[PDB]
**Student:** 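I am attaching a structure below and will ask some questions about it afterwards.
In the text below, chain A, chain B and the rest are named by the order of the sequence lines, each starting its count at 1. Recorded method for this deposit: X-ray crystallography, 2.6 Å. Remember, it's 1-based here, ligands and their atoms both numbered in the order they're listed.
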2 protein chains.
Amino acid sequence: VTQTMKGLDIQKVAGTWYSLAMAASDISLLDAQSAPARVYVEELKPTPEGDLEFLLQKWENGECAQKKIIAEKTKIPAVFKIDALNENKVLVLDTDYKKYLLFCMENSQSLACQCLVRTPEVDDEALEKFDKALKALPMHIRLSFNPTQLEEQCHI
Amino acid sequence: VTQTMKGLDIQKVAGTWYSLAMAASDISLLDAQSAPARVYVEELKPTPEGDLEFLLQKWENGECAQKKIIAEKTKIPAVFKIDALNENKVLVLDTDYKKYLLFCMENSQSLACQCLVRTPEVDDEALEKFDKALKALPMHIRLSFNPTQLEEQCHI
Ligand SMILES: CN(C)CCCN1c2ccccc2Sc2ccc(Cl)cc21
Ligand SMILES: CN(C)CCCN1c2ccccc2Sc2ccc(Cl)cc21
């Protein structure tokens, strides 16, 4: 991924978000409701020391679970790192802070991204920017959700 | 759907095709490998009387089945009709006859479409046209396949 935001004021991205759209390099990453990249954002929490913490929802066994994950900071302001079996990088491509924010999760050759929004509505404008950002990238599946699904656990 | 091809010479669309990309109004139509719209095109056969016949592949129980379906002709050259529990319309939006062909299956509020190609390669140009044609339409999932998957039963 070759697109980060400059002057990333991480403190300003805290609060409430909606995973409006999702996309992945491989069909099986967003494939079924249980698929590995199919993860729903509830909340972004930065820590005082500048780490970034996710609140998420996942369909796991027979239902919608809750989760926390903490992405530790780096030298480049917009790149974070999560400790799993892999080297998992999170990158903030772009955000205007108060409507939308775009980001990608990547490893290593797998890659997923998302268009986050503040309210339960279809920001047409946000979807463009998200589309522009991806045509640089080798994606093979995309999803987006309606306002009705946006107010449910795990998106219905 | 508000886009058909004019002067549709149905005889010229016979032979071999590859379901390069797919898209649907609802996530669950292309969702899992078993999903209702997830149907792979092997061959288009017109009949002498101008009916249009599909050869397809579907993942059904534990494997990739074969199928035939016959879409009967109408007054408008580019619209066909299949007899199921529903009124199922097929529409040919566009084809240059020798590289790509776009079409949509619709009922009634469900809708899926596809970009068909002649060989196992990514026609970048074909994907544009397909993208143009859909932004008129309320889609919420898209897929595309690589050349490797294109030579397998049911796309791997
Ligand atoms: C335990 N899980 C639910 C979380 C890892 C899922 N997840 C993910 C998915 C597909 C490919 C790469 C990644 S890294 C990542 C980075 C940030 C976030 Cl928010 C999610 C992910
Ligand atoms: C028995 N099945 C495998 C065939 C029906 C599936 N199929 C379909 C899917 C989702 C929504 C509407 C339709 S009508 C249709 C028209 C032409 C073709 Cl080629 C396929 C379909």
**Student:** Not sure I'm reading this right - what drug is at ligand 2?
**Tutor:** chlorpromazine
**Student:** Name in the PDB entry of the chain with the most heavy-atom contacts to chlorpromazine (ligand 2)?
**Tutor:** Beta-lactoglobulin
**Student:** Which other chains does a heavy-atom search at under 4.0 Å around chlorpromazine (ligand 2) pick up?
**Tutor:** B
**Student:** I'm curious which residues sit within 4.0 Å of chlorpromazine (ligand 2), going by heavy atoms - can you tell me?
**Tutor:** B:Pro36, B:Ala37, B:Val39, B:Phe54, B:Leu56, B:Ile82, B:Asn88, B:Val90, B:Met105
**Student:** Among all the protein's non-hydrogen atoms, which is closest to atom 13 (C) of chlorpromazine (ligand 2), and how far away is it?
**Tutor:** B:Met105 CB, 3.7 Å
**Student:** Under 4.0 Å from atom 5 (C) of chlorpromazine (ligand 2), is there at least one protein heavy atom?
**Tutor:** no
**Student:** Name the closest protein heavy atom to atom 10 (C) of chlorpromazine (ligand 2), giving the residue it belongs to and the distance to 0.1 Å.
**Tutor:** B:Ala37 CB, 3.7 Å
**Student:** Starting from atom 3 (C) of chlorpromazine (ligand 2), find the nearest protein heavy-atom neighbour and note its residue, name and distance.
**Tutor:** B:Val39 CG1, 3.9 Å
**Student:** Which organism did the depositors list for chain B in the deposit?
**Tutor:** Bos taurus
**Student:** Nearest protein heavy-atom contact for atom 16 (C) of chlorpromazine (ligand 2): which residue, which atom, what distance?
**Tutor:** B:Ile82 CD1, 3.2 Å
**Student:** What protein heavy atom lies closest to atom 1 (C) of chlorpromazine (ligand 2)? Include the residue and the distance to one decimal.
**Tutor:** B:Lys67 CD, 4.1 Å
